[PDB]
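In the model that follows, one finds valacyclovir.
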2 protein chains.
Amino acid sequence: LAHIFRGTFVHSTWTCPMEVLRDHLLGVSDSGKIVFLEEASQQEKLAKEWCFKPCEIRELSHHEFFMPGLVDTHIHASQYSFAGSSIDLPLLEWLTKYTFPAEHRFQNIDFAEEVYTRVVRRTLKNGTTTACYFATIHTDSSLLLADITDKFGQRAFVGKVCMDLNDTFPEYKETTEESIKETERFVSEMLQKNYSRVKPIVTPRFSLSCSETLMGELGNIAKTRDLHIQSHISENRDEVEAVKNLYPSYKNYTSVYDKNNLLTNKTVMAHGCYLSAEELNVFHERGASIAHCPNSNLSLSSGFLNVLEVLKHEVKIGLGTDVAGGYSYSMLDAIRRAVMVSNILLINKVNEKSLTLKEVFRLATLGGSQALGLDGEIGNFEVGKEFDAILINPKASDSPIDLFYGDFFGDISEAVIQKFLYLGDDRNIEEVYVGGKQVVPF
Amino acid sequence: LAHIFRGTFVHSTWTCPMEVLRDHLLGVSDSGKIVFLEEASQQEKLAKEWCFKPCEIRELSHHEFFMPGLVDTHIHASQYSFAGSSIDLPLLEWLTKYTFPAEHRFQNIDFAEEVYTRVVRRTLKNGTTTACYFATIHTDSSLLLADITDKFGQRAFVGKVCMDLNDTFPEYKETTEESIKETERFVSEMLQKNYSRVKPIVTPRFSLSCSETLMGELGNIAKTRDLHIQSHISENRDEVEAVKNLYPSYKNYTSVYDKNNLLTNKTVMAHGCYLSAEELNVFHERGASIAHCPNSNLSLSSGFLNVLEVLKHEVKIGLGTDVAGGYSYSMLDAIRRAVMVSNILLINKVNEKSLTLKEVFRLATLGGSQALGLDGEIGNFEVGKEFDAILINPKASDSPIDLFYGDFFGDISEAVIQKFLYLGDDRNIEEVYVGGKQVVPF
Ligand SMILES: CC(C)[C@H](N)C(=O)OCCOCn1cnc2c(=O)[nH]c(N)nc21
Ligand SMILES: CC(C)[C@H](N)C(=O)OCCOCn1cnc2c(=O)[nH]c(N)nc21
Ligand SMILES: [Zn+2]
Ligand SMILES: [Zn+2]
């Protein structure tokens with residue numbers, strides 16, 4: 001056994017949005033798997049079965065708790081250099097003014113190295129143990145990202161972006177053939193590295209930047225290598241209308257992807273704000289997933305995803321930060337913003353209720369893992385799963401949270417857990433484990 | 001002279017939402033006033049006029065800047081103990097379930113001391129140099145808050161809350177006569193202490209907790225002592241309708257206050273989400289102000305204040321955190337949420353545009369100071385004003401912000417300033433000055 005921990009564990013299950021396991025014992029194997037999880041009353045029994053001494057057990061402080069690692073289902077690693085600025089002009093203006101020039105710089109491998117090192121370190125330290133990254137159109141810089149994530153021990157999908165259409169910034173695109181060849185090369189080189197927890201993902205940027213021909217070939221590569229696919233869908237009203245006019249023969253945005261083999265049981269689509277009920281039924285039937293990106297949706301004045309309607313349709317859904325469209329790199333920010341979007345829908349009388357903080361906590365961990373096809377391996381504390389987890393200390397040095405005796409003995413349930421979700425930050429994250437290995441501190 | 005600083009200063013003016021003054025020299029007197037502000041080319045001249053040596057000048061790091069202190073126009077100091085929890089059930093449910101029991105504990109002076117010490121230290125360290133506090137109905141605990149704020153050197157209005165109606169938690173109220181006598185005592189004792197920058201403010205909680213009789217007498221006390229008034233107005237639809245049914249003889253919520261001498265040129269009202277155009281004209285004509293509390297308005301599913309409409313009506317407006325209805329104690333959070341509310345109005349097509357980050361920055365500093373009647377003394381860097389300011393270091397130890405060479409030499413304007421406003425936190429606030437005195441570090 002690599003670790004045995006005693007203390008409080010907080011996670012989600014499909015039948016319980018937030019389950020708090022107090023004074024429990026958890027064991028993690030050498031291979032990084034959770035091998036037991038039981039009440040501490042079972043110490044003697046476990047110590048015999050698993051051959052360990054009581055002195056080998058790490059006891060958490062009385063006010064600390066473990067929770068599962070946060071899962072970021074959509075982030076543009078390549079836009080991190082300007083995250084927290086701009087976020088004003090509209091989205092085609094924006095893409096042209098900020099985004100495409102920033103991504104064009106990734107033709108320089110040394111620039112790539114600086115930005116990607118910073119983004120992987122920053123998200124890990126904020127407790128993002130699994131990330132689904134968009135990189136750039138450049139195969140070699142996108143391979144460097146994969147190598148960086150492996151070095152740091154973060155779990156990740158890395159996607160070389162494809163685009164053969166780009167009218168507003170023509171310096172930043174590939175020919176159709178180039179896009180196909182470079183994707184084939186990216187995937188082969190990724191498979192050659194054989195990284196234990198970093199895999200390639202097929203990434204048409206979106207339907208407006210990829211021809212039918214390209215889309216269809218990317219779909220074939222995904223099928224033949226059995227890979228995940230990631231793209232954007234129905235993020236704003238102008239995009240919805242642009243697609244309608246560039247692809248008039250398709251019934252809706254969803255059909256454009258579906259008929260081109262881009263909507264599979266291993267597909268995740270960012271945004272989804274303007275998907276209709278009919279389109280959600282198609283997501284459900286195909287096993288495709290949505291990455292809810294609430295900060296970006298408000299920051300860029302895009303729209304509101306109706307998460308309650310998505311859940312009613314039994315569509316798989318996780319949370320994403322959508323850096324740099326969303327200005328925050330934090331999944332704690334994404335959780336807060338998700339609660340707020342659901343409240344917006346209640347205020348506007350679209351829905352009759354809002355999402356609870358606990359339901360959103362489940363989206364950020366188990367929901368996200370399900371959205372990326374990883375919920376057999378991660379997302380909560382179940383025997384069999386990889387130990388992807390973060391040790392939270394609400395009383396850490398310089399903590400942004402003020403705890404009072406009432407938070408432990410008063411009349412508000414999960415008071416401390418809720419204050420961490422609403423007020424905490426990286427100062428409260430003392431340790432981060434991915435695959436049972438301690439990755440933070442670095 | 002107490003200080004002379006050389007470097008970058010960022011502030012608002014009425015004609016410019018964000019003015020960046022690079023390599024400037026600023027002098028602060030012994031009395032805490034700004035005595036000069038000029039380009040550093042004037043060093044020799046100023047050194048002679050004001051009798052100081054070049055070695056006496058404090059040079060800011062090349063990546064640091066001063067900005068004015070943040071002004072929190074509305075916060076319930078007494079609810080800080082449960083901030084970051086709860087925030088789920090509706091507002092009368094909430095008031096009954098969480099708020100009134102928490103405020104009832106302030107009958108214990110030792111409890112008051114702990115909560116109020118923590119809140120004043122926390123807001124100061126987050127750069128809130130001026131705060132307009134609601135305390136509790138207890139005169140002695142509310143006087144302790146005033147004393148605490150004085151000890152720490154924060155500028156503040158402190159308001160003993162009045163309520164003689166409380167059907168849902170009758171243990172927490174005063175009789176009408178008691179309310180009047182205790183307000184008179186609070187004000188007298190505040191004036192006896194003679195604090196240099198902490199003043200009393202008359203505080204009927206809101207029309208639903210104060211009888212006509214009470215409201216009218218509070219209005220007389222304000223008039224006769226020439227005091228500010230603070231209350232809540234038109235925060236949610238149910239409140240609007242409750243007022244209509246408890247005060248059927250008044251034309252609208254605004255009239256209830258106005259006809260009872262509670263709407264004056266020294267009045268600030270929190271929320272205002274459901275004020276009509278006619279009511280805003282009355283605010284404008286009386287000189288009364290609004291405290292925009294966007295985090296609380298979304299957190300409690302209340303509504304959206306249309307800030308563009310408020311500005312179009314030339315109504316005075318600042319920002320507030322509304323702890324604990326809003327879960328964050330940070331004015332940086334309030335700035336971010338304000339931008340987001342204006343974007344909500346653009347997405348819903350109520351407005352044709354949103355507020356810029358710069359306009360919201362102006363609300364958080366100069367707008368707020370104007371809302372509290374203090375814009376002759378604070379809110380920006382102008383000769384004559386008190387030096388209320390915060391030194392920002394975006395590269396501080398453990399900074400949440402990653403700076404890149406491009407933020408200083410690229411094509412995005414005020415990149416660094418914007419990253420601090422969107423991503424910064426208390427780690428970026430190195431020093432806080434109120435009245436020219438350094439109050440942080442403590
Ligand atoms: C007129 C329309 C075509 C509209 N202005 C438009 O082009 O929408 C673009 C955004 O669609 C998805 N998308 C593609 N790349 C990105 C991207 O990099 N970030 C985000 N948030 N969305 C993206
Ligand atoms: C049915 C209605 C009367 C409705 N449920 C209601 O009572 O609204 C109450 C909120 O009005 C203003 N208010 C009074 N005290 C507070 C308070 O402590 N926090 C906030 N955010 N608002 C407050
Ligand atoms: Zn995106
Ligand atoms: Zn309030």
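Order of the sequence lines sets the chain letters (A, B, ...), proteins ahead of strands, with each chain counted from 1. First listed ligand is number 1; within each ligand, the first listed atom is number 1. This entry, so its header tells us, was determined using X-ray crystallography, 2.0 Å.
- Valacyclovir, all copies counted: located at ligands 1 and 2.
- Short version: main partner of valacyclovir (ligand 1), named per UniProt, is Guanine deaminase.
- Other chains with one or more heavy atoms under 4.0 Å from any atom of valacyclovir (ligand 1): A.
- Lab note: per PDB, source of chain A = Homo sapiens.
- Polar contact with valacyclovir (ligand 1): present for A:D322 (N/O pair, distance under 3.5 Å).
- The shortest heavy-atom distance from A:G325 to valacyclovir (ligand 1) is not under 4.0 Å.
- As for UniProt substrate-binding residues in chain A, a heavy atom under 4.0 Å from valacyclovir (ligand 1) is present in A:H76, A:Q79, A:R205, A:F206, A:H232, A:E235, A:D322.
- At least one N or O atom of A:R205, backbone or side chain, sits closer than 3.5 Å to an N or O atom of valacyclovir (ligand 1).
- Residue contacts with valacyclovir (ligand 1) for A:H271 involve side-chain atoms from C-beta outward but no N, CA, C or O (heavy atoms, distance under 4.0 Å).
- Contacts between A:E241 and valacyclovir (ligand 1), counted as non-hydrogen atom pairs separated by less than 4.0 Å, are absent for every part of the residue.
- Taking any N or O of A:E235, backbone or side chain, at least one lies under 3.5 Å from an N or O belonging to valacyclovir (ligand 1).
- Distances from valacyclovir (ligand 1) to the non-hydrogen atoms of A:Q79 include at least one value under 4.0 Å.
- Under a heavy-atom cut-off of 4.0 Å from valacyclovir (ligand 1), the UniProt Zn(2+)-binding residues of chain A that qualify: A:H76, A:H232, A:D322.
- Residues touching valacyclovir (ligand 1) within 4.0 Å, heavy atoms only: A:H76, A:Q79, A:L91, A:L92, A:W94, A:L95, A:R205, A:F206, A:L208, A:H232, A:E235, A:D238, A:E239, A:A242, A:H271, A:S296, A:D322.
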